[PDB]
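The chains referred to below are lettered A, B, ... by the order of the sequence lines, with proteins before strands, and numbering in each begins at 1. Both backbone and side-chain heavy atoms feed into the values below; hydrogens, waters and symmetry mates do not. Atoms within each ligand, like the ligands themselves, are counted from 1 in listed order.
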Amino acid sequence: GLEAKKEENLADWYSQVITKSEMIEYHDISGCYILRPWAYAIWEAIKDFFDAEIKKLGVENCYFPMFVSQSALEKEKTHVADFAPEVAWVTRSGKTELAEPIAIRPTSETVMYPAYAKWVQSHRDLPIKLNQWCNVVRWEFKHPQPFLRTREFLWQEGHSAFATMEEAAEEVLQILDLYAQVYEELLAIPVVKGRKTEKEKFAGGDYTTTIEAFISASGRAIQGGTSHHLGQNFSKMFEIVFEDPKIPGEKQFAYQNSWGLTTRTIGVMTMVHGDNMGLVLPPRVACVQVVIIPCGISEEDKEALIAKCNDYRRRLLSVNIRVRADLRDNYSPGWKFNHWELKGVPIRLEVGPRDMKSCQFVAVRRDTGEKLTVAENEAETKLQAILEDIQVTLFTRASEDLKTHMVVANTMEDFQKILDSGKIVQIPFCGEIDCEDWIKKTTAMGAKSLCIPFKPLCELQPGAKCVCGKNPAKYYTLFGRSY
Amino acid sequence: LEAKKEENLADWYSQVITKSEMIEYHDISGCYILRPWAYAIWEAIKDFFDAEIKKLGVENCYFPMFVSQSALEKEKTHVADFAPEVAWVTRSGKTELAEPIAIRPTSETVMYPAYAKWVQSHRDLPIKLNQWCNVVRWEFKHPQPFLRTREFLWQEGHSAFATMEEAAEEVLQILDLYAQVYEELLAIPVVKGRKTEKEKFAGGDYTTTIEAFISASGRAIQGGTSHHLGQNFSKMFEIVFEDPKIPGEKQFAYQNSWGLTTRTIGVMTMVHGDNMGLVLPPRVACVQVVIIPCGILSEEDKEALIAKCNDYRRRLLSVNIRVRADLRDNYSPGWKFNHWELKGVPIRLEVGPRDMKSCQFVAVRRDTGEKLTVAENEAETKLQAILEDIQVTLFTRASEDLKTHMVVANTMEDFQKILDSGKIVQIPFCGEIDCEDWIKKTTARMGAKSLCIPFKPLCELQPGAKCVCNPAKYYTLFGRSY
Ligand SMILES: Nc1ncnc2c1ncn2[C@@H]1O[C@H](COP(=O)(O)OP(=O)(O)NP(=O)(O)O)[C@@H](O)[C@H]1O
Ligand SMILES: Nc1ncnc2c1ncn2[C@@H]1O[C@H](COP(=O)(O)OP(=O)(O)NP(=O)(O)O)[C@@H](O)[C@H]1O
Ligand SMILES: O=C(C[C@H]1NCCC[C@@H]1O)Cn1cnc2cc(Br)c(Cl)cc2c1=O
Ligand SMILES: O=C(C[C@H]1NCCC[C@@H]1O)Cn1cnc2cc(Br)c(Cl)cc2c1=O
Ligand SMILES: [Mg+2]
Ligand SMILES: [Mg+2]
Ligand SMILES: [Zn+2]
Ligand SMILES: [Zn+2]
């Protein structure tokens, strides 16, 4: 039974939803959480989709070491020194001090790029396109939250190297679109594609692209995934070079990208679609789409009810519906109703003795709570149609929620007003770091830049000025409070 | 390849794994990069094993890599001898942690306290969980790519049951799946058995194992492990329930655990690899057939030759053969032949202009080097037949190799002579630990350890037969080992 209310105490609601749905168990180490099968199945679904898509682009999976030597991690300016407090260091095996401390990967640039340098011995060795599914550790300073901000997390990280900037540029947007597909088509979460400002972009790259989602309940936006064009920044640092085809004796530096997406996805799904009855799973990622529960309780008559439930589950597996028959005798129908509702199963298939004799059943959709009596003969078609509509409804409702909470403002006064109402807002922005710092300080709790959107809500007025008082606007920029 | 397998195994192994593009070396000792060619084998193993354990009702999950100091030391989960293998995180940045944190060497200490919370009644059992994850053990022993690494990839399955019998059943089901991984996928013959008292997992009831033999080394290697833990861990962690029908009695869960690692790939390499390089069993080969255009004619004709190679690719994909067309024009056919030979692609398909005009192609088997001219129309049928034959060929060769190198001995001196010829030996054994300590010392004066007590030993132990030492309990496989 879900106790807490989403609009009252979000922290309590979230904790209750992730535990009662059997997604998460708490660990004795801060910021670490056990991913039980219910949570892990969602990651496997995201993985199956994304992996097949990057394979089509020619990306190959690999596995690089988790340990990075002190030398390698600090070899070059791969990361700003401000990341130092996030690195977890192994310093001994048993009671025996290691000659040099070793770091647990916070990301794999420093481990992969020296290998890239060895492997690139001519123009013929490019492109290199590698991905790995692995765990990552960062000793996060912010309050830890299951999925959203964890000390250990699962991710994929892709790292590509090309001869030309144009090849690289294409991939950045192709991957970002895949991330947008993960959120919008799998998880039914609308996102805003954009580029990070000078201040917020990855310091090791030329430009950073991002997808941003919004969590209404929190009044906070969240970065869903990241895709960088690194340019020649890392290839100059690690000497990833090839001979110029036309001119003898000239070095050419490889163009590089990196991109990543994490189990944060599941938290966003939870925060966006979850209600006061628990988790709500988009049909596309639900490992159980339909749960069959026998209702009502002769000895031979119960055998026939079970047989009908088994008939429904056999037929549903025939049309590639992911179905579970909960034929357990140790649990009451009521318990089961609640159990699978908390777990967010899109459709409950109720079979009673009364409905069975009328050659019919009841379909209860998780999202709206709507109950539909349908005839037995149309089980395959109707249930597949309801699953499709649940997926559409979840996306539609979240889209209207984003449309409501993301508006335009052109002055600092209206900006403050809209941000304090629990919304994010697109403002004319000069792009300066000075001004961005100033925006953060004045609104503080303080609003941060999220992205410069690819497709802003409004076009910029001819000669429009920044929310500042000294500079013209370069672009509409999405600002808000964030995770 | 510069080195030869029969003279310098270590040099050969290093050359095979690098020139097949499986492994790159890292600057941390005992840590190796798995490039795509290696990682694809692991994905193939994963795909098979994952599907099979799902059929048994096992679900995947992910438990944390970090084990708190207090959790690692809470119960007698592992012997004290393991302590030096534990890698400890002691600081974040320059800030020392109040209490140090261990990296997962295995997950009992993180999983079993969760199992104890999750089991509130009989209806909470069985629990059947698996994770695919990385593990760290600061190995004192000589590290080798795949076979013995400081970081490795594995699956660990941990199950809890209401009854001993359910648990006992799963133990042998999992060991058979490991045998299938070796025998059916990687074409490696293995010996199923129980570990001796000295060699078993200390806290468990009994340990079952699959042992493989690497002829080049004259050394055996454990391929996978499946333990019945009985109620030993459930008593420690309080994984308990009470049955209302049996009032006043605590029912401790019966547990198993089991694991298999990337060592698999190293065994495959060591067993099937030759002096031309890697040899991939077709069942795990991510590229089963490579199509190479030869004898390259106008651009129009070159286009036609490429289109023919592409037509073979589509036809092969159509019958579920994993195929690649190496259509790169920066390299010669001769360079490609060698390149894919080194990578152990089972079949090379040669297509030249004369072949097109004749309606034929050339297929070359990696395992034997046999070159066959095949009628164009028979491509799907013949190449599938050849792939099936390569797999059988590899398994037969390896099977005949084990059978030759595993024989029965009945005395300490016969045992010694056979062992020193680079073989493994089934001997009458009493079962006592001290006797096994004695054997390891005597055989060295590079000693021989117990491998397993085979489920189906070569010879039946006659009543009243004495140990090589006490009367013998069973024939036991012994040998030099990784
Ligand atoms: N501690 C964390 N736990 C879970 N997911 C995370 C965490 N940190 C980042 N992510 C997500 O995973 C991706 C990690 O790539 P990265 O670009 O390194 O994030 P980041 O720049 O550190 N973000 P932030 O820490 O919010 O400033 C991001 O796009 C986030 O969606
Ligand atoms: N360092 C390693 N690298 C790769 N594989 C390993 C390593 N250690 C063990 N394995 C394999 O993975 C399984 C790990 O389970 P486990 O029972 O912990 O091995 P173990 O008893 O430590 N073997 P050993 O180290 O030879 O005494 C074993 O069956 C081995 O096949
Ligand atoms: O991790 C990145 C850059 C990109 N790496 C590959 C996948 C996608 C990802 O956006 C930014 N980043 C974030 N956090 C970090 C924390 C530490 Br500690 C270090 Cl050393 C380095 C970093 C660091 O480089
Ligand atoms: O890891 C095991 C027992 C089993 N665990 C689950 C997967 C299969 C595996 O055989 C034996 N073992 C091996 N090596 C270890 C190293 C260290 Br360090 C520790 Cl703390 C503990 C252990 C330890 O328990
Ligand atoms: Mg961060
Ligand atoms: Mg060991
Ligand atoms: Zn400004
Ligand atoms: Zn003896």
Asker: What is the PDB name of the drug at ligand 4?
Answerer: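 It's recorded as halofuginone.
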Asker: So I'm looking at this entry - what's holding onto halofuginone (ligand 4) the most? Name it the way it appears in the PDB entry, please.
Answerer: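 The chief partner is Bifunctional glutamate/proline--tRNA ligase.
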Asker: Which other chains does a heavy-atom search at under 4.0 Å around halofuginone (ligand 4) pick up?
Answerer: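 Counting heavy atoms only, the answer is B.
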Asker: Which residues lie close to halofuginone (ligand 4), i.e. with a heavy atom under 4.0 Å?
Answerer: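 Heavy-atom neighbours of halofuginone (ligand 4): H78(B), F82(B), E85(B), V86(B), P105(B), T106(B), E108(B), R137(B), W154(B), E156(B), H158(B), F201(B), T225(B), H227(B), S257(B), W258(B), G259(B).
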Asker: I'm curious how halofuginone (ligand 4) sits relative to the natural ligand site. Which residues UniProt lists as binding Mg(2+) in chain B have a heavy atom closer than 4.0 Å to it?
Answerer: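 Going by heavy atoms, UniProt's Mg(2+) binders that qualify: none.
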Asker: Identify every other ligand or ion with an atom closer than 4.0 Å to halofuginone (ligand 4).
Answerer: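 I count ligand 2 (phosphoaminophosphonic acid-adenylate ester).
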Asker: I need the nearest protein heavy-atom contact for atom 10 (O) of halofuginone (ligand 4): residue, atom name and distance, please.
Answerer: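 For atom 10 (O) of halofuginone (ligand 4), the nearest protein heavy atom comes out as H227(B) NE2, 2.7 Å.
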Asker: If you take the residues UniProt annotates as binding L-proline in chain B, which of them have a heavy atom under 4.0 Å from halofuginone (ligand 4)?
Answerer: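 By heavy atom, within 4.0 Å of halofuginone (ligand 4), the UniProt hits are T106(B), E108(B), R137(B), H227(B).
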Asker: Could you find the nearest protein heavy atom to atom 5 (N) of halofuginone (ligand 4) and give me its residue, atom name and distance?
Answerer: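 Nearest neighbour among protein heavy atoms for atom 5 (N) of halofuginone (ligand 4), to 0.1 Å: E108(B) OE2, 2.7 Å.
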Asker: Quick check: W258(B) and halofuginone (ligand 4), any N/O pair under 3.5 Å apart?
Answerer: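 No; every N/O pair is 3.5 Å or more apart.
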Asker: Return yes or no for this condition: an N or O of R137(B) is under 3.5 Å from an N or O of halofuginone (ligand 4).
Answerer: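 For halofuginone (ligand 4), there is an N or O atom that lies under 3.5 Å from one belonging to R137(B).
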